[PDB]
Undergrad: 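Here you can see GW5638 bound to Estrogen receptor.
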Amino acid sequence: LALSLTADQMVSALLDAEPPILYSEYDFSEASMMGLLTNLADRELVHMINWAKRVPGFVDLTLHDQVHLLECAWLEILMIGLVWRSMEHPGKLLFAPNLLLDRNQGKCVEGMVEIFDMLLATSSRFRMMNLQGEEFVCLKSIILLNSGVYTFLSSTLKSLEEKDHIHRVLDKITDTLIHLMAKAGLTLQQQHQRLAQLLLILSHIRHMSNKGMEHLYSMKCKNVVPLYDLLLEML
Amino acid sequence: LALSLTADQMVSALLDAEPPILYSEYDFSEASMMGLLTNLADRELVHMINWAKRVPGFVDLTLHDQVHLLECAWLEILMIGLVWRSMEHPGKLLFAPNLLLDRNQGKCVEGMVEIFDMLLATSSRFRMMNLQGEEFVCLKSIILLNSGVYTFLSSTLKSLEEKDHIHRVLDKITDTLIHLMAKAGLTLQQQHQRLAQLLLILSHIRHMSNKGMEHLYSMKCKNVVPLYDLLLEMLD
Ligand SMILES: CC/C(=C(\c1ccccc1)c1ccc(/C=C/C(=O)O)cc1)c1ccccc1
Ligand SMILES: CC/C(=C(\c1ccccc1)c1ccc(/C=C/C(=O)O)cc1)c1ccccc1
């Protein structure tokens, strides 16, 4: 299974799991903008499910746990992927090949400019660090597995083994990240520094997800179960 | 000067800067619980200010930048401390020597138990990894310098060499963390595996903080600017 994979074997697995890139429904008040984004998120979300299944180790976990991971990670994963796509588009966000939005077009939705700025800062940092695809894909898997691991129900011998498994795979991806960096020619010190630099960014992506989530939660009718909830429901 | 400190000099400066340990002012109910915690936290924030000035690097930043860092980090920093002190107290959170609360006492205030459970879990994880104080004091400093760095207003030339500076100091603290692990005799693999492990926990701490601010914001009427806000505005 996933624990005996080599670093090359893991990068491959991860690159192959990558889901196709989605298009938007076509390029401006609050409702029209939130509709595009909401539509794109939901389709990305449906793709995210079969991606997660292709991630080494994810499928060894019980369903309710798989679902908990996605519940906790889905907006982060959407965001890192956006930030990655927007890397070579300074001051802009590439939601889709046909939806490239301005810093300013965030102002279309009271609340969203704060969030656009954070995404722009994140992708700017990735550009400075010259983040690579092999690393991007690794980060994305770390988010999937780490964002929900501290919030299970650890009262049980089975939730212990679940946590233990996830942490073992997380170690394997760390091993993989270092492996990529050693191959790229960085020194030990540079390796350790880049590892840290990248994992600290994951803290900011968490922050952004929390904020996006809080904004989502305050915009919606409270009598409404949003589509992310339902999908994880029917799972 | 911070950029030329060695790993041993770094650990030292940090152990040296640790603020005293605070006692609860008093010794259930919903408002009585929040009273304890709020005062404890406010008193801890005050001590946090002088602590932060002693973190190598911090004082080289402009004032406005110092205040920003503290604004983004103060709840994470309290929380990691609580988690750290509660390590050898399973199922409990040691807010102070005279205030040891129980997982169950979290339901004393609505929504809190969610947060207590996350805290207990974090401290519980630290206990398996056997976190050391040298490590702790590094993580605490990483939260201070990192939590507000991706969220600086300006695009000026100075703003750039200001976060350049922060990232240099962060790199030095990564160096110190590893140095520590290597002295404890871990393998290279074990070393980088542990660094990742600790920094991934910092993601969870950020999350607990974000949750903490939401519960806070929702319990208090909007007519009120809270004491942490007042204090930071003034430090500026
Ligand atoms: C930052 C963009 C964004 C997303 C989004 C992120 C990446 C890719 C596409 C969209 C977003 C907005 C609404 C939703 C709604 C989901 C749902 O209603 O089920 C999901 C994500 C968002 C999230 C919250 C508030 C404003 C915008
Ligand atoms: C989890 C405990 C806690 C803190 C706290 C944490 C560790 C040590 C001391 C306090 C907390 C509670 C209230 C405040 C209030 C601050 C203020 O009013 O300015 C700050 C922190 C808290 C935070 C949010 C909601 C409920 C409790």
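In the text below, chain A, chain B and the rest are named by the order of the sequence lines, each starting its count at 1. One-based numbering, in listed order, for ligands and for the atoms of each.
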Undergrad: What other chains come closer than 4.0 Å to GW5638 (ligand 1) by at least one heavy atom?
TA: A
Undergrad: I need the residues around GW5638 (ligand 1) for my notes - heavy atoms within 4.0 Å, please.
TA: A/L37, A/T38, A/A41, A/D42, A/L78, A/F95, A/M112, A/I115, A/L119, A/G212, A/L216, A/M219, A/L227, A/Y228
Undergrad: What is the UniProt domain of chain A where most residues contacting GW5638 (ligand 1) are found?
TA: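 In chain A, it is the UniProt domain NR LBD.
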Undergrad: Which of the 17beta-estradiol-binding residues recorded by UniProt for chain A place a non-hydrogen atom closer than 4.0 Å to GW5638 (ligand 1)?
TA: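 A heavy atom under 4.0 Å occurs in no UniProt residue.
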